[PDB]
Amino acid sequence: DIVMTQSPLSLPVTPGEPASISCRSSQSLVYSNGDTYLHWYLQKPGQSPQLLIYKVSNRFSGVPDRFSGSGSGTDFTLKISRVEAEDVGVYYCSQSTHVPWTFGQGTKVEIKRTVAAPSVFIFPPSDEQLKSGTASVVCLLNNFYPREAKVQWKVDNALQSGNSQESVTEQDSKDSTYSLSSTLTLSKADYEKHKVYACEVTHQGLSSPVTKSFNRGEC
Amino acid sequence: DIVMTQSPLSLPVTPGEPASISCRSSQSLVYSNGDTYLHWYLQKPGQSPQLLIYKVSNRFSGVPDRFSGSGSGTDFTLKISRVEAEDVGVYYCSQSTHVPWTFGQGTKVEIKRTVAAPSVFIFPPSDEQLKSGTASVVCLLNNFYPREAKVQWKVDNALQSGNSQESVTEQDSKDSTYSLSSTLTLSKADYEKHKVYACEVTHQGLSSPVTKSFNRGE
Amino acid sequence: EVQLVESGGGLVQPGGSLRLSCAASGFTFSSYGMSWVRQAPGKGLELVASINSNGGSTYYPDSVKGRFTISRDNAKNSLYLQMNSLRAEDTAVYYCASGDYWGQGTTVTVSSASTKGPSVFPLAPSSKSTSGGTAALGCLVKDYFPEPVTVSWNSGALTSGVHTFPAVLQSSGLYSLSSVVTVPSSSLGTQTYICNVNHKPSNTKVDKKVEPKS
Amino acid sequence: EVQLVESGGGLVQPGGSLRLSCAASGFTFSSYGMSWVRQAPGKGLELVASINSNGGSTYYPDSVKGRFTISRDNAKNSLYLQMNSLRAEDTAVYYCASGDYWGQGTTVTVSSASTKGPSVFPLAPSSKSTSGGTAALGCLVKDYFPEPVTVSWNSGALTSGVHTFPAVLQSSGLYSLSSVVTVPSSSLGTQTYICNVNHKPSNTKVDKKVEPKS
């Protein structure tokens, strides 16, 4: 199999600034007819891969000029002259010169936008879920940047550990932010014997850690 | 008020080719601080207006370089270096130098893509609607270009007129095509006393007219 | 993220009144002049009223001067438009706007006629009725008033291949439209198809399943 | 207008089998080599099988060679993948592709566990639970298996401000996620909010209204 290798795999770019991805193949990509079947694909968040450049340098239908491809033999380059917010996603180089079709490991372009502090919301479990025996408490960090953030749960000021899962979205193709859910799971009976439920968020856009909290059965 | 006048109002462009819109103001747009509050908005099909260029030449957030604005005083120009399919929509130049905020009439950019013939489908009226006493017959012309097309309804080979409405979609921002519905309305009783219902479509992408049809009860 | 969310639209008898509201977020709302812009279908952008940053200066075109009043609440980050002595020519989509951003707009229609909910009918597909190589199916959304109606396919899960036509006024003075979707012929059996029709002004929600009919 | 519509995905016990289908339209299907590519969440693109235009020439990586079979029906414009002796490591999204285009994919899960439908709980908004100047609300979609689930708001009409989080496997082996939306604070009273949840592998459809509550 012809092996495809990309550099880098993580690509942070201040928007408007240019970006370059290199692709090396383990063997020449020119085919018996003199053409080179080197292609670039893009997989935007939540979407299937889409064709960007085919045969080294041909812009696929709909693809803007800021995407140019170059190179030959075993050494190829994709350039994005002005990285826009919507360009965020994972880029794959690929060869179809020989069977089997192969792909690079993929390069994830990140948009280096300005710092943005998360809006933070806490949600008590519904009365409905509480009939089921489990209580889920939810904390939302919305539209922030960069992705690094710390969420700590406090119950009656006891720091929690080992009972919460996090989920982060992919970088937004419109505003280049992230969002994060942290979900504190515990027993109904466990939930009833405490009063103060609190979510504490640390992020580079917060001068000081922010806490949202609620007391069980107040509103 | 400061009157804004755009030229042209209809702008057909083969994709990849450049495009220019002129905007003239009935009065200078230079504000007393030396700045010029001439702006360009774009309203894509199905959407609110969005800001494209502010103060003559500044690209708003998210706006690509292919959009560039220039000009001074009373004469301004928006240029699109390579019109992409997604750029389809109506462009408005606008001034906020003086109250009231005013807008140009708007320029509708159309993509001049390759010819594409419509796929045609005819739909009989549902049995459910026929309970109500009316019968709608629908003919769909899907993903074609250019927009100009002719639809003729023939009931028992008798050409209809006066009892059908058309609806066209705006140009598609992904494939630059249109779609059209034609809806033949008539009474239940009227509907039941005929058998062959047909829809005939003439379009530049068709060598010869296409007919789709059904017989009531098959 | 910047949001402008209009509300309050609907149907009013001539001479009657209506209050529109706009909720803003994602920017310093107090630091910005705001305006209401309207647009009849096919027509261009007509300014209805403007108010400045602190909310102490208003402007009105003669066409609505004396009738409309643009209000502002920099605390609730809100903007209001009090419409009185409404005329039939006032029928339009009304947008809330800041210069940089526009809301999605609310629909105001002025007429001496009642509100009717839509009927929703299957535009049933078929194999034997394929147009190389897609099948087509849809929903007919008929005899409603006033605008707007919302149409989606499969609760929003189906969007590719969809076309929802502009409403058309029938000689009855009622709107009607079709929403259609094309799918590759062979995928016809593999999935179910439901159109989701919402017409707030009459509180009508219909979810019609669309099947081949045999 | 090119379409590539996969179907046939779902949950199978180890050793068991599954047949995937792909319906194509909008291009000369007979004229194109086709392939199945899969992707585990987080991982990259792994070729599963290829077939040429005819199609009398196929390839399989050793990882699935002997187990998978890629057939083609140039008449019905369709591509197939017969998967036998399925292994847990075969859990992935399977895409149908032609090189120029990719389908949305279909989800295959190989597990020694049963299918379960989700519970949908309100993530209720309030005041002064505002965060300048937006309110947040949502739906908690908990304890379902296997993937995928579909979530929308207001039958598809509400889309901006929406964040639907990636599913997470809990220690119970059941997936869970939240879908949330933020709106300008003072627009809370002016609209209703339904989350539309669909989980096909268990035939579970829920529409949950989300309200402020006292």
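Per chain, numbering begins at 1; letters A, B, ... match sequence-line order. Looks like X-ray crystallography, 2.5 Å, at least that's what the header says.
Lab note: of motavizumab, crenezumab, golimumab, drug at chains B and C is crenezumab. Under the naming in the PDB entry, the designation for chain B is Crenezumab Fab light chain. PDB entry name of chain C: Crenezumab Fab heavy chain.
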